[PDB]
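Structure follows of fosfomycin (bound form) associated with UDP-N-acetylglucosamine 1-carboxyvinyltransferase.
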Amino acid sequence: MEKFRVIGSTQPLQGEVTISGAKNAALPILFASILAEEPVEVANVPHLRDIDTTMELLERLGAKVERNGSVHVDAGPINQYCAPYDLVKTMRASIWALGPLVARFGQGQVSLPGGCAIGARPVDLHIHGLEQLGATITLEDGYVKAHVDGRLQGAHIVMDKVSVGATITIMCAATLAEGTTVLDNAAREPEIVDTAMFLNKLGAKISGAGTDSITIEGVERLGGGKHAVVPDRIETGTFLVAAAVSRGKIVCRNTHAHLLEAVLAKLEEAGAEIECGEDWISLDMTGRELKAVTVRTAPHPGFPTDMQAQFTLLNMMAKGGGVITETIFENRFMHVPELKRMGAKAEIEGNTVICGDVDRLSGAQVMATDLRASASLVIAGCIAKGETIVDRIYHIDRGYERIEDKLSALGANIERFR
Amino acid sequence: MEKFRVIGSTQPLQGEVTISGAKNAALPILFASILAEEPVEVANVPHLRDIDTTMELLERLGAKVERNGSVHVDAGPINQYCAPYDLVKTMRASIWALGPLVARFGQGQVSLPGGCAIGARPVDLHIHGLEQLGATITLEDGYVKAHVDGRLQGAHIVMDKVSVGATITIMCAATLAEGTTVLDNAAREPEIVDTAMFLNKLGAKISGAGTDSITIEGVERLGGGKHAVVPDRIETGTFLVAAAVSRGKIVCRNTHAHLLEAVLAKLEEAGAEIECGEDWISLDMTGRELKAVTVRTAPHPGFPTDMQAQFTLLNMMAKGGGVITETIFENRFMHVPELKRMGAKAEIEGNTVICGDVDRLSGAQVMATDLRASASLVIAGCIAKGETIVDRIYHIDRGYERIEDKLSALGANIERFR
Amino acid sequence: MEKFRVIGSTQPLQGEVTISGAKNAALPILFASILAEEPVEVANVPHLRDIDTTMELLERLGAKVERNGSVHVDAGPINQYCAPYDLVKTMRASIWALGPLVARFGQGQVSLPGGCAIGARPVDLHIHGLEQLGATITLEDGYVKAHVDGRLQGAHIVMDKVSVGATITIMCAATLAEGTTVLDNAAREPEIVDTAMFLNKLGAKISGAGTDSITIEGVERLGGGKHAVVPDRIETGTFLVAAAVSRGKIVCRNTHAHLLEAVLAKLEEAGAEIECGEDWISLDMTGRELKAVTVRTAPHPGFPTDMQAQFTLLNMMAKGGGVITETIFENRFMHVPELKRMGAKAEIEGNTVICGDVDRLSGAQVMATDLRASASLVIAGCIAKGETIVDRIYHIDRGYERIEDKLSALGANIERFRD
Amino acid sequence: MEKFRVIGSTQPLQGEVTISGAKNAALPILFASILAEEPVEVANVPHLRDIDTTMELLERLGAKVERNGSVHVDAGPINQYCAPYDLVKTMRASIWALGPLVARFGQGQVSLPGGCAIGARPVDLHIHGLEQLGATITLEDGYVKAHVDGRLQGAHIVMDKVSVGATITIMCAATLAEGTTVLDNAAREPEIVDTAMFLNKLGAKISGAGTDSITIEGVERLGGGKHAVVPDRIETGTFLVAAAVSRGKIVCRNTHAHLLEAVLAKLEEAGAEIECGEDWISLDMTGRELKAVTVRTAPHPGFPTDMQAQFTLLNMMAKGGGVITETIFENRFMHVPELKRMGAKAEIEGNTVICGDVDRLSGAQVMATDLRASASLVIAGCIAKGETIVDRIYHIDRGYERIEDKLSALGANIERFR
Ligand SMILES: CC(=O)N[C@H]1[C@@H](OP(=O)(O)OP(=O)(O)OC[C@H]2O[C@@H](n3ccc(=O)[nH]c3=O)[C@H](O)[C@@H]2O)O[C@H](CO)[C@@H](O)[C@@H]1O
Ligand SMILES: CC(=O)N[C@H]1[C@@H](OP(=O)(O)OP(=O)(O)OC[C@H]2O[C@@H](n3ccc(=O)[nH]c3=O)[C@H](O)[C@@H]2O)O[C@H](CO)[C@@H](O)[C@@H]1O
Ligand SMILES: CC(=O)N[C@H]1[C@@H](OP(=O)(O)OP(=O)(O)OC[C@H]2O[C@@H](n3ccc(=O)[nH]c3=O)[C@H](O)[C@@H]2O)O[C@H](CO)[C@@H](O)[C@@H]1O
Ligand SMILES: CC(=O)N[C@H]1[C@@H](OP(=O)(O)OP(=O)(O)OC[C@H]2O[C@@H](n3ccc(=O)[nH]c3=O)[C@H](O)[C@@H]2O)O[C@H](CO)[C@@H](O)[C@@H]1O
Ligand SMILES: *[C@H](C)[C@H](O)P(=O)(O)O
Ligand SMILES: *[C@H](C)[C@H](O)P(=O)(O)O
Ligand SMILES: *[C@H](C)[C@H](O)P(=O)(O)O
Ligand SMILES: *[C@H](C)[C@H](O)P(=O)(O)O
Ligand code: NA
Ligand code: NA
Ligand code: NA
Ligand code: NA
Ligand code: NA
């Protein structure tokens, strides 16, 4: 198991960082490419483990896949329709293959994702969504087995809850259904907007993406095309926090303020000065005193739960307390007892963390548990005093491309080892 | 203390009900008219106590007010700026007086509302939204005291949580600020749309209302005009549920399905046949079995917390159990133990009620506690066996207009008495 | 509708206060006397609205009832078996009438309590506990109708949750059942112990009260007798909070520390010097810095939920934050938005209050919603700057005896008034 | 990693099983023996990973240790005082080393445990209680470092909350203090009672163990002795559920009903025939109808949280719903989504699972995440239709001795493989 050895410092993290394509846009785009009958190019895809898994999954369906900067996909010759346990237990996102498969081939099988470290994370909304589009779905031997005689049919659908994943499953499958689909109470996340933009280039007709009502007019087939994935707003916030919490000064390139206004306002409120350009965001925390903030996770454009662990660390270092309420997932405070091992002060109650204030963390051996928690611990390591060992660092590589290099270019002292 | 004596019946409720203007659009529109220098007419306003309290409150500022079908307001000669405790303790919506006063006159005092039966209901967002428009705000003798030297200044504001009230405060006040305001993560409720249509008729420049990003270009003054208040989606919901739970058959006039797509979909799922027209909605339940649903309250267009009490009842009488989860207010199951007095089966756990199934309620003396719970008890009274006395019915009059007359036309047996 | 006009001061509250008998012991014991075939005298009973309500409820069953220092009760000639809606809507402890009546007479009807301000407060455990003693129970037109053909039958009962009320129902009712009952996971509140002491004087055979396992050996009947009610630990805590929060000095007479060790340790943790005698407790906070504390309400001997609102105020005036977590009742933070009107700082999330720090509160008009919140507002009145009007003050009289007079003896400026 | 291959059947699980000594007794007793200057012998100790790890902990302090039926410990020559990271990350109960060490040697160091999967599990109450006995405690490099100049000082302590672990820590440490200690609001779990019996045989002076006030009079030193560990009530509960959920008939030996009255009563309420002897409990579910039940977890003698996963399975197979509220640990529902893979039906909200009804589960591949979930998954494997693979089965050996053997003796078809 790979680990990070991090040697901390009161040195501010400063410099520049090039922000990669969004993990959470590139995934649903690549799964959406199953619908396409012609070759497809997806530019600005980061190198992550979840993309290798996704790439392998498409290969195992009969698609031809190749990558470096872009990923090229020829989904034309797809002639298998299963996403097996072996891969799904690796990556629950695999659920996204069920919609495109049934919609294009009338058939689809996908291992039901078991339990996630951050929550039970059921998929009822995906299932009920495709059923509403005319599919028949069962569970046999732990596989969600879906099928429809003919084409899926357009329907008016109102989501019980706001769900990113399910909004996508339904929107994507609806592109090849007969007639028109109106999905109400959809999620507004910008990766949804990007997945629609991509599909529309292939010959789909999706309108209202990024509003709570999405209209999809079904077409008989989708073609080919090129698309550059939207920048990663979470990677972006992650580095801004890294600068904020170290009295630092950083500019993020190839990223856009409109993707993360809630985070940018919270960072301004915690003391930072923020500037924005055509395609960059800068943060200056030099000579500014870090102040605690109150936070409530919520659907976009509210505060994203993917920034929650990073702001737990911020508040732990910020004077004036700091309270974080997590509404989205039920078990996403696993970073707290780890940070406590480094001398951090906080208390948990239901869905809320109440942070104390601490001048400086102490290096210690800690263990990553999930993707965003993992990053917070590495940042903690950078500012702490002495040597930090972050075990199980493969979690980071699921969502950050070569984070040790990116942070090293900012003055961090990080070693990847076995 | 007025009461309702209801004699229940197995007879399904049938007929027509004419839906009134939305209470929650009428109110902010009325408070918004404080910004107007010229006479205003607000049509399609229901007769509720809360609208009387709002009228009394404008009178006390120096406005000229009168009504019957419409409400007529001349806020030109206003020369006092305090909303006093004796009225605010009656109706917390009075905080809406603060923003217009300070925006137009540079000054405002409103009594800080105390505890609500359904929740703590703080107004921290209203105060902090106004502070970002450049107002200086104190609390003194229980009065939220706001002031600004000159005009408020437009700003970029990102809401910390979704709030209907706070969104309104900020939008209305920004219509007279110098420069442009952008309000992100605003509430999307349809009463916000209405208020904004109203304000634009007076010379305001508000775009994006009904989306999560509201842009307001400030103007130096607003003039006069005439506006008709959007129909009440909650009152619509309430009668649709009455029909459904008595296995009956109704049509609601002067309403629009697009105001309540979440409610209509749960009524369909529960078994009801629903048709919609240009300005009407019907529900037919005759010879259809009532089926339990799970519901989760959320901000519009999700399932409204103002429909939750009524849907508790529906589940209590429906087969298959039913689960209602309330995310918005922390204490809105006060109806449950009073319904249990009538023989209902339910268990509360945290923010969730788990309903059993019951064939028919039994009449009993019960007590209304809040507006929406009140109507649930009344509906319950109509289907129960024997006589139900609902104490403290003045709550119903705050939000429904002569509901004993509307239900009477549908065949209910209801007496108002002391 | 009565109010208090409180005028605040920085002068610490100082002096003595004589603790009355526990309301929450007085009540079960009076409902318990329904079992008694002959005269009973209950000493050390406070003068409260809830006791007046209990005495009328007893009268309406056919008991003969008088009071002043004590309450005298002859339950011998009881001839009716209904607790009517008009009384239960007033006081939900009226549910305790169900078990004695069914146990002694084979029958009892009691109106099913509605919603309470502080939580839904179902009574399913009382009912189920009585069903398991052999009773048949139905809900008919809002009334809990219980009957049994003959005497109740002892049973081994394991409580699904800890409930003060239900433990008492089952305990009392069991004293006239045939054979032996063992109640497990029983509440251990001292008011249960005192009710058990009371019943045993009348010829009952209750053992293990105050532990999690209570054995009741049923008897055929119960005599009469005399009992002085245990001190009120909540009133005790409430005055000790008053001294502490006013940076003052107090001694409470006719009370015992062993009733509230959890409150005392938190008061010491808040920075107070506390001393105890055989029947008194003193607190001195003079020259001392009030420090915030974290609290988790929990069954006795844990931190009592009835002290929560008062400790909410304590933490709001204390430095260092302060976190209060309520695990018992679901909606018991109504005092918070009212204290906010007086300038307090706190935020609520779920079952937890996170308190800020404030040097001095500010007088304002405020509304009592419940008994314990009522007292916290009064105490806040005493230390705030200026005048405070506490509306709907009748709540306080449900559980405190002439509280304005007790506070006035300490230095407070309080006026009960109308209109 | 070892796995179980289970092949399910409708065959009822029937026969006998011998209950071992309680895991949760044997551990605190073996940590308690750090106090003793003379050899100690602890009989009826189960063969479990956690007991190997404890024996290793003890040796590393310099104690002499053998086992098989019993564990022998000679703590006399202890010359070291650290519980290192490499052991604590394996088993957080190593915290119980801290108290005995500082009590006996004036010094102790223990790695601050990180996150547990079932909750954050802080240890604040152990620290604050040892400080109240006169210890000075610090956090340094992730180690809890305790020390006192001389002997500990008996104190009057009220626990902020009920904690099994801290109760024991404070109780054990107090046996060597100068003077008397009174631990109010103490935990009452029978494993505390057992530990105190063990200590009094060595010369300690503990009384009240079993109630909420424990009085310990300090002595100078403690000698040696023999003690048979109390039967495991959770292992007992677990086999009783296995029979109940299989329409089965079982008798458990070397166990006592008074250890688990809460569980027996819910089993009876579920429709099972229970009978109890001097040292046995039997359950007969043959030809009986399994009925759902409600459970609220709570401190002993309430319903134990270590039975909650098993009772989740039970209610999932029982008719009439089933609600389970967990009030002790904040993330103890990880079995749920894994059972869903097997066709189980249930939803979760906050601290509560709302169970549906299923006639028979479907074999699938599933993942154990903790001790009690692990066992519930194996039992589900025995009653499901088809083949079930439970991965990461080492979890189960942390607390159940040779469970595949105990279950085969009841009819089951289980295979341990790699
Ligand atoms: C795009 C991606 O690869 N993963 C992201 C995606 O996860 P994901 O799409 O799983 O997140 P969702 O918005 O679907 O889920 C949010 C909440 O809704 C619940 N829910 C969801 C579906 C369902 O059928 N039933 C149900 O109850 C989930 O358990 C969770 O409690 O959005 C999350 C919300 O920002 C991000 O944190 C994840 O990083
Ligand atoms: C229009 C009107 O007269 N009343 C409606 C309005 O109330 P209202 O405008 O009060 O509702 P909000 O959306 O503002 O409140 C929603 C949640 O946000 C919280 N919050 C609100 C303001 C604030 O400054 N801080 C804060 O934390 C509230 O306590 C609540 O828990 O919207 C509610 C939600 O649809 C409706 O049920 C009410 O019937
Ligand atoms: C007259 C009297 O002595 N009143 C006290 C008594 O009230 P009371 O006896 O009502 O309080 P309980 O101990 O019964 O209630 C504890 C918890 O159990 C729940 N519950 C209770 C009974 C039941 O049948 N089902 C059920 O679910 C309640 O809703 C509550 O959440 O104890 C409370 C808790 O210490 C004190 O605050 C009250 O001042
Ligand atoms: C080795 C052992 O005997 N383990 C058992 C023991 O664990 P353990 O002794 O760790 O359990 P505790 O009773 O201490 O913990 C109960 C609750 O208190 C909290 N807490 C605990 C200690 C502390 O210092 N601060 C704090 O907040 C925990 O988060 C938990 O939510 O009791 C549990 C409760 O039945 C059982 O499930 C475990 O199997
Ligand atoms: C953990 C985050 C989930 O189970 P995965 O499928 O995304 O790994
Ligand atoms: C209850 C709904 C609130 O407290 P009000 O101010 O509207 O009376
Ligand atoms: C409120 C405290 C309850 O409903 P009561 O019966 O004591 O008035
Ligand atoms: C999980 C059960 C805890 O971390 P452990 O230390 O007992 O493994
Ligand atoms: Na902080
Ligand atoms: Na139902
Ligand atoms: Na404080
Ligand atoms: Na609540
Ligand atoms: Na079930």
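Proteins get letters first, then strands, A, B, ... in listed order; numbering begins at 1 in each. Hydrogens, waters and symmetry mates are skipped; everything else that's a heavy atom, side chains included, is used. Just follow the structure's listing: the first ligand is 1, and inside any ligand the first atom is 1.
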Which ligand or chain identifiers match fosfomycin (bound form), all copies included?
ligands 5, 6, 7 and 8
So, with a 4.0 Å heavy-atom cut-off, what else is touching fosfomycin (bound form, ligand 5)? Just the chain letters, please.
A
Heavy-atom shell of 4.0 Å around fosfomycin (bound form, ligand 5):
A:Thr90, A:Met91, A:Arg92, A:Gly115, A:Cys116, A:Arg398
Measuring heavy atom to heavy atom, which UniProt active-site residue of chain A lies nearest fosfomycin (bound form, ligand 5), and how far away, to 1 Å?
A:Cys116, 3 Å
Minimum-distance protein heavy atom relative to atom 1 (C) of fosfomycin (bound form, ligand 5):
A:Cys116 SG, 2.7 Å
Among the UniProt-annotated UDP-N-acetyl-alpha-D-glucosamine-binding residues of chain A, which come within 4.0 Å of fosfomycin (bound form, ligand 5) by any heavy atom?
A:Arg92
Contacting atoms of fosfomycin (bound form, ligand 5), where contact means under 4.0 angstrom from a heavy atom of A:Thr90
8 (O)
Out of all atoms in fosfomycin (bound form, ligand 5), which are within 4.0 Å of some heavy atom of A:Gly115? Include the element for each.
4 (O)
Does an N or O from A:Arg398, backbone or side chain, lie closer than 3.5 Å to an N or O of fosfomycin (bound form, ligand 5)?
yes
Give the source organism of chain A as listed in the PDB entry.
Vibrio cholerae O1 biovar El Tor str. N16961
Which protein non-hydrogen atom lies closest to atom 6 (O) of fosfomycin (bound form, ligand 5), naming both residue and atom, and how far is it?
A:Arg92 N, 2.6 Å
